[PDB]
Asker: 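Attached: Hypoxia-inducible factor 1-alpha inhibitor with clioquinol bound.
Chains: lettered A, B, ... by order of sequence lines. What you see of chain A is 15-303, 307-349, where the numbers are those given in the PDB entry. Going by the PDB entry, the residues shown for chain B are 15-303, 307-349, listed in order. When a ligand or atom number is given, it counts from 1 through the structure's own listing order. Below, all heavy atoms of this structure are taken into account, side chains as well, without hydrogens, waters or symmetry copies.
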Number of protein chains: 2
Amino acid sequence: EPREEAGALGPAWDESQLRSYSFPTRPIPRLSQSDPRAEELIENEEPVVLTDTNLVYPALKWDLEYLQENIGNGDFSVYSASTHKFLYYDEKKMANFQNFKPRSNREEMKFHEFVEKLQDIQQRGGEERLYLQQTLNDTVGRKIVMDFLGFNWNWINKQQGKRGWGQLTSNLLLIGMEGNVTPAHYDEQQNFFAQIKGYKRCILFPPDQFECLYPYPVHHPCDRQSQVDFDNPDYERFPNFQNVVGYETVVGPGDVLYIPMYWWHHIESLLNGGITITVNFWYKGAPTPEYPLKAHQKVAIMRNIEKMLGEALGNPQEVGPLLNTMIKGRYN
Amino acid sequence: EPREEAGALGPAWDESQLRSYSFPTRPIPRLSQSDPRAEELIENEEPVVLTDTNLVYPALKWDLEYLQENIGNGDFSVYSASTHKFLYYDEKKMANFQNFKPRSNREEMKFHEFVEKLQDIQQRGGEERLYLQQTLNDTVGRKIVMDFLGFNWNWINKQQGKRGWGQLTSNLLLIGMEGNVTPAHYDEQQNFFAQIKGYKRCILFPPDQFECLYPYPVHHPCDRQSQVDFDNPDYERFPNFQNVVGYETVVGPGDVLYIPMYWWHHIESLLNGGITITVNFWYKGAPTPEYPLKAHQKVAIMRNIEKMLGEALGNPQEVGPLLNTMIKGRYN
Ligand SMILES: Oc1c(I)cc(Cl)c2cccnc12
Ligand SMILES: Oc1c(I)cc(Cl)c2cccnc12
Ligand SMILES: [Fe+2]
Ligand SMILES: [Fe+2]
C-alpha cells in the first residue's frame, strides 16, 4: 500500500503513477538502520530500503531554484531523448558496432541552461525528456559543498568498513523529469541509492536471472543492459523473460536503497509526480576470497570469456560465430 | 583409379573393398620426396602422400611370423571391439562422464597371445576385431631394433629441422585386422604415417570443417573424435555434416602420408584385404610466432575456453549450461 506522509498531507503517490508490467514482483524490506536485519541483508548482498540513515539530510531542502543559486557556473552532462526510455550507451564501444545509432544524445551545459530547457519543455507540453547525470567533482558552489560536508559520512564509511568493501568510486547526482525510465541494467559495484526529491520506483532482479534478462553482448555499447523492451517484450527472441520475477519498491525523500553488486535495476520516476533528485554512492566490492559458486561470479566468468574471445580473435564481431561453432551439436 | 603393382601382380585393391559414404572427396597428391611440391605442401601444412621416402624400408619384410620370432616377450597393448569401429576413449576423462560405458575394451598381452586370438577369430569367422597399438619402447628383440635403426632417420630429422618442429614424441606401431575402422578424429601433433603391410584408406578433413564434424566435448573421454556416425549420419543432430568435403587416399607398403596438425583423419583397413601394419611418427608442431587467424588456432581457442570453464566452475558437467546461458538470445 502507498505510504501516508506525516501530518496527513495525503498519499505520497498512487498506483496510477506506476507503469504496468508483464511480470510479478515482491516487496523489498523497508527497515531502520539500527535493525539487525538490515545489516544482515547488506552483508548477504540483498536489497533493503533504509528509512532513517540521514545520509543526505542536508540535501533534502534542494529544489531547482536552490541548486541554480548555489551549484555555480560549471559544466554539467545532460542526456536527452525523444521518449521515456533513457538507454545509456558506452562511447568507447561505439567503434565495436557500426549499425547502431544512439537514440539518446548527450550535451554539456550550464545549470541555468538545463533549467531553461526544463521549464520550456513543460511550458510547451513536449515529449522530450531530460536527465542530469553529473559525477560531483569540484566546480560546485560553497553552499552545496557545505551540504555535501553534512552528509552522514559516519554511517556510510562504517558500512564500507564492515562490508570490507573497497573505495568510494563515485557520487553521481541525478535530476530527471517525471516519467523518466532508466531501463534494466546491472553494475559491477555495490550501490547506495539516496533519494532526495520526488519518488522513484525501483525494480530489482537478482543476478541468477541472467537467463531471463538477456544482456547485450559485452562488446556492445549497451553492455550490461537488458535487451528486453519491458513495455513490449519479445517472447520469441526472449522466451525466458516469461519467467522473470522482480523485487520492487518505491523510494522517496530520505530513503536509501541498497542495490547490491550485480543486481539488475530498472528505475522509473513517477508519472505526473514532478522532477526527481537522487544522489548515488558506488563502492568497489570486497575482493575475492569456494564452491558452490555464486550467480554473480558465474556472471563475472561469462563476461571474462567474452572479453578474452574478442582479444584472441582481434575482432568483437567474431565472438558470436565462434560461440555458436563451439556449442552447435556439441553442448546444446 | 586403383594403382597397378609392379610385374603385373594385379590391381593392389579394388573399389568393392572401400566403404560407401555420404560425402564427396578429392585426391591427396602422391609425390616424390624430391619434388618441390611435396615440400611446399608440408610447410603449408597440407596432406601429401610421399611415395619414395624409404622411411621404413627395413620394416617392409615384416609379417606376423617375423614379428613373433623377433619382437620378444614384452607387454603389448591390445584393443578389442565387437564391431568394425574402434572408438578410442581417454581413461583419465572417464571420471568426467558416468553415463558412458566403453564399447571397445583394452587388454595387455604377449605377441603370441595376440596372434593366438587373431588366428582363432579368423578360423571361427567371428565379428570381433582387434588392434595392436603399442608405443615402441625398449622390450623389443635385437632384429627389430636393427630394423628400427635402419629407418630413414636422415630424411625424417631433416624434415623436423626445416619445419622447425619440436621433438619426436612417439612411435606407435599398429597392427590391425581387415575392415578395421578408426573413426574421424584430429590430433594436436604433426604426423608422418608410414604404411608397411596391407592397404589403408585415409580420409582427411581440414580444420576449417570443425563445424561439420562435431567433436565431442573437450572433457568427454572421446575428446577430439567426431560425434557423427559416418555409416548412419544423424542430419537432425548434425546438419552441417551435409556440407562435409574430404581429401582421400589409399596408402600401401612404402607410402608415407603427411597428416598435418589438427586435420581430421578417418582411417580404414581394406575389407577382405588382410592384416595391416603401420608405424607413425608424431612431432610437436612449430611454436607460435598475426591476423587473419588460421582455422587451427581458432580450434585451439575453443579448446582453451572449454578447459578454462571446466576449471573455473569446478565441474565439466556445467560447461554446457554456462555456454548456452552465454549465447541464448545474445549471440545466436
Ligand atoms: O547507474 C544508475 C544511473 I547512471 C541512473 C539511475 Cl536512475 C540508476 C538507478 C539505479 C541504479 N543505477 C542507476
Ligand atoms: O592416432 C592414430 C591412431 I592411435 C591409429 C590410427 Cl589407424 C591412426 C590413423 C591416422 C591418424 N592417427 C591415427
Ligand atoms: Fe545502475
Ligand atoms: Fe590420429
Asker: List the ligands or chains that belong to clioquinol, copies included.
Answerer: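 Check ligands 1 and 2.
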Asker: Under a 4.0 Å cut-off, which other chains come into heavy-atom contact with clioquinol (ligand 1)?
Answerer: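 Heavy atoms that close belong to A.
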Asker: I'd like to check which clioquinol (ligand 1) atoms, numbered from 1 as shown, lie under 4.0 Å from a non-hydrogen atom of A:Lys214.
Answerer: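 Atoms satisfying the 4.0 Å criterion: 7 (Cl).
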Asker: Can you list the clioquinol (ligand 1) atoms lying under 4.0 Å from a non-hydrogen atom of A:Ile273?
Answerer: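 In order of numbering, the contacting atoms are 10 (C), 11 (C).
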Asker: When you look for heavy atoms under 4.0 Å from clioquinol (ligand 1), do you find them on the side chain of A:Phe207, its backbone, both, or neither?
Answerer: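 For A:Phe207, only side-chain atoms sit under 4.0 Å from clioquinol (ligand 1).
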Asker: At less than 4.0 angstrom from any non-hydrogen atom of A:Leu188, what atoms of clioquinol (ligand 1) do you find?
Answerer: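 With A:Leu188 as reference, the close atoms of clioquinol (ligand 1) come out as 5 (C), 6 (C), 7 (Cl).
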Asker: Which UniProt domain of chain A has the most residues touching clioquinol (ligand 1)?
Answerer: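 The majority fall within the UniProt domain JmjC.
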Asker: Purely on distance, is any nitrogen or oxygen of A:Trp296 under 3.5 Å from one on clioquinol (ligand 1)?
Answerer: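 It does not: no N or O of A:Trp296 is found under 3.5 Å from an N or O of clioquinol (ligand 1).
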Asker: Can you pull up the source organism of chain A from the entry for me?
Answerer: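 By the entry, that would be Homo sapiens.
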Asker: When you measure from atom 8 (C) of clioquinol (ligand 1) to each heavy atom in A:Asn194, A:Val195, A:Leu271, A:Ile281, which option holds the nearest one?
Answerer: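 Selected option, by shortest heavy-atom distance: A:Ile281.
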Asker: Taking only heavy atoms of A:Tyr145 into account, list the atoms of clioquinol (ligand 1) that are under 4.0 Å away from them.
Answerer: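 So the answer, numbered in order with elements, is 7 (Cl).
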Asker: At a 4.0 Å threshold, what atoms of clioquinol (ligand 1) neighbour a non-hydrogen atom of A:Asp201?
Answerer: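 Numbered from 1, clioquinol (ligand 1) contributes 1 (O), 12 (N).
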